[PDB]
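Chain lettering follows the listing: the opening sequence line is A, and each later line takes the next letter. All chain A residue numbers match the PDB entry; in order, they span 2-300. We're sticking with the PDB entry numbering for chain B, so the shown stretch reads 1-305, in order. Order of appearance sets the numbers: ligands from 1, and atoms from 1 within every ligand.
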Amino acid sequence: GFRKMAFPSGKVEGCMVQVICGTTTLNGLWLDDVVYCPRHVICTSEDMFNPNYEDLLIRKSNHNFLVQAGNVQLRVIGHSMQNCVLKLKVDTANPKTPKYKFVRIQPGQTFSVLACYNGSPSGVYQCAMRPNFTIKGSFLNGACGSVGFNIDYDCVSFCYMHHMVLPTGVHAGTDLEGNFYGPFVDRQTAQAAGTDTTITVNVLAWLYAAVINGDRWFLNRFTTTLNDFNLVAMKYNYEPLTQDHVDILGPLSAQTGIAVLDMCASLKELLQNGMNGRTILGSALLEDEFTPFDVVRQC
Amino acid sequence: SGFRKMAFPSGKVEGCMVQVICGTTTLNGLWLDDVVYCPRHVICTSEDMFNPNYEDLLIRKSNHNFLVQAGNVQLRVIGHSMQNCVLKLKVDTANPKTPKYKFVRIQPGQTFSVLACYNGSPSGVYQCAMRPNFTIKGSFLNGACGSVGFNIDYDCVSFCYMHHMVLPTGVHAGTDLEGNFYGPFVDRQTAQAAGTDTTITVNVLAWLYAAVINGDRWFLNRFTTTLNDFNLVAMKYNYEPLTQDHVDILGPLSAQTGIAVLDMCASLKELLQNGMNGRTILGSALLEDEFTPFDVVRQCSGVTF
Ligand SMILES: Cn1cnc(Cn2c(=O)nc(Nc3cc4cn(C)nc4cc3Cl)n(Cc3cc(F)c(F)cc3F)c2=O)n1
Ligand SMILES: Cn1cnc(Cn2c(=O)nc(Nc3cc4cn(C)nc4cc3Cl)n(Cc3cc(F)c(F)cc3F)c2=O)n1
């Protein structure tokens, strides 16, 4: 089978806490004796439009931060600011702290999101960092602080912390070091995402998965060069295809016997002529939120 | 903002997954208190997979022939029993991570989260629905037999599915936690056909309501219809008949959006007869039937678990 699959969330569920600064409530990440959370928590309703975070933080004390891990209360013994992320040292180290790493992902790579509200998880889904450095997720009010992660052999690579919803409905956030993905800033102001492109290498991997799963009607009798495909791709707002992408798609080409540049020719036709109707792997669209690695792991 | 296929948090179920080995046949199991529940095909060998006599196969099995591994810890089987297609192994140690739980039998159309496990170790979680043909369209590889399906209702984990086999058509089939298969399938390596599947109508309507809640409203039309006249069109497009209970389940969503069910049915009637003409709904160019009305409430205007 082939379905959008997320990593097991257990290791991340036990690191989620609620952080309250006055009335402003959000979610936080409890790793060892430090609680990581968005620094927008130190803002009040009148500070959200244009905040001076250095001035807002200098007036705060350790006792101004309420951190709750369920019914358990944690005592803040130190506070610091790293870019757009607030770090609260606490008296107790999280016993359920997993082996972890803080990674900064690049557009096209995927991750699992644990949507949390008031420190309590609500659901898990998979989503990708769009080339415009936004993410298409499902977030409601209070989701600020929810994290995105990948798990590789019991090690959880934290890569995203949710911050804000953009006017277009897409979402924007930071890495676990506070540096935003994209040109966005933590302020309650209208910030436009930008014209998004389609992750080409991911689309091809999904087409390879369809061949592996029976759907092979899109397969044509043509081939092309990387340059002529990139010419066609640019017209339909598709990301450029590099030799790196071709080499990563090697395993998928091997299992199917379909050369990468031939799959590019099939995608070129699907773009130039259209899809008229019909479905591929359960979709009438071309999916770009499956990395080549995700496809191999599932198929 | 946004709408995605969302699964329940898997933590409570991850701590109940164990590996069960009978001689060499290896599977996954569910460790709740002092009982490990697992598919009974584990007692079959390579020559027993086609037509096994499970009563006789178990009569030749002893407690020491079942190897159950809870992570690195070894569990001692102190008793074995068979309930329908489920093997139940009493163990010496009660699972300390046993959550508050229930065993429920779901009905076709209802959804649940699946924790795909291999050799006792979870690997991924996804959401899927019990198709009207009593199969499930999932992502399972070799060794997935034993993976469980669940819903979480405020700290209570309702176990509803245990994976058994992949059917020749590529779909998947399994049982409830009392051993009774979903559908007319049997635990043996024989060619078993699923049957013609229909589209869960009430789920499609709930998904359209979810789009109204999330901004997509281009499909909302100026027409209305009756339940009977829609079911005439529904049957034509291989859709399940729409009942008054389905209408009543869509009650909450209709109020929140201000759109009557029969009006949404008329828009669906048009979407079925006319098409989607390129347009997208909630990020999809097809009509989704794997979102129950409760799933929309959970995701749209819903919170913790
Ligand atoms: C609908 N939606 C989708 N994603 C989000 C994420 N998100 C959020 O969860 N909360 C936000 N504002 C807050 C208001 C508060 C009121 N109280 C009492 N406490 C509050 C805490 C927060 Cl964080 N925002 C808005 C927002 C948050 C930021 F971190 C930021 F830099 C700019 C912003 F405009 C938000 O987007 N909601
Ligand atoms: C590709 N795929 C998708 N879903 C599945 C589920 N599934 C499975 O995981 N394993 C199965 N056969 C086994 C072989 C074994 C070899 N050893 C050493 N131990 C084994 C244990 C099992 Cl279960 N099967 C086949 C199958 C399993 C049953 F429980 C059944 F009743 C009939 C069947 F044909 C399987 O479908 N694999």
Which drug molecule has been modeled at ligand 1? ensitrelvir
Just trying to sort out this structure - which chain has the greatest number of contacts to ensitrelvir (ligand 1), name per UniProt? 3C-like proteinase nsp5
In this structure, which other chains have a heavy atom at a distance under 4.0 Å from ensitrelvir (ligand 1)? A, B
Under 4.0 Å from ensitrelvir (ligand 1), counting heavy atoms only, is it the side chain of A:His41, its backbone, both or neither? side chain
According to the entry, what is the source organism of chain A? Severe acute respiratory syndrome coronavirus 2
Proximity of A:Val186 to ensitrelvir (ligand 1) by residue part, where a heavy atom lies under 4.0 Å: neither
Under 4.0 Å from a heavy atom of A:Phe140: give me the atoms of ensitrelvir (ligand 1) that qualify, with their elements. 2 (N), 3 (C), 4 (N)
Subset of ensitrelvir (ligand 1) atoms that lie under 4.0 Å from at least one heavy atom of A:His164: 6 (C), 7 (N), 27 (C), 28 (C), 29 (F), 35 (C), 36 (O)
Sub-4.0 Å heavy-atom contact, A:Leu27 with ensitrelvir (ligand 1): no
Any protein heavy atom nearer than 4.0 Å to atom 28 (C) of ensitrelvir (ligand 1): yes
Of all the atoms in ensitrelvir (ligand 1), which lie at a distance below 4.0 Å from a heavy atom belonging to A:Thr24? 18 (C)
Under 4.0 Å from atom 20 (C) of ensitrelvir (ligand 1), is there at least one protein heavy atom? yes
UniProt domain of chain A touching ensitrelvir (ligand 1) most: Peptidase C30
Identify which residue UniProt marks as active site in chain A lies closest to ensitrelvir (ligand 1), and report the least heavy-atom distance rounded to 1 Å. A:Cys145, 3 Å
Heavy-atom contact check, 4.0 Å cutoff: does A:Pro39 meet ensitrelvir (ligand 1)? no
At under 4.0 Å between heavy atoms, is it the side chain or the backbone of A:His163 that contacts ensitrelvir (ligand 1), or both, or neither? side chain
For A:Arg188, the ensitrelvir (ligand 1) atoms whose distance to one of its heavy atoms is below 4.0 Å: 31 (F), 32 (C)
For B:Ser1, which part has a heavy atom under 4.0 Å from ensitrelvir (ligand 1): side chain, backbone, both, or neither? side chain
Is there at least one protein heavy-atom neighbour under 4.0 Å from atom 11 (C) of ensitrelvir (ligand 1)? no
Residues near ensitrelvir (ligand 1), heavy-atom distance under 4.0 Å: A:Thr24, A:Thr25, A:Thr26, A:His41, A:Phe140, A:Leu141, A:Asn142, A:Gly143, A:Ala144, A:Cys145, A:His163, A:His164, A:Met165, A:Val166, A:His172, A:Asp187, A:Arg188, A:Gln189, B:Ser1
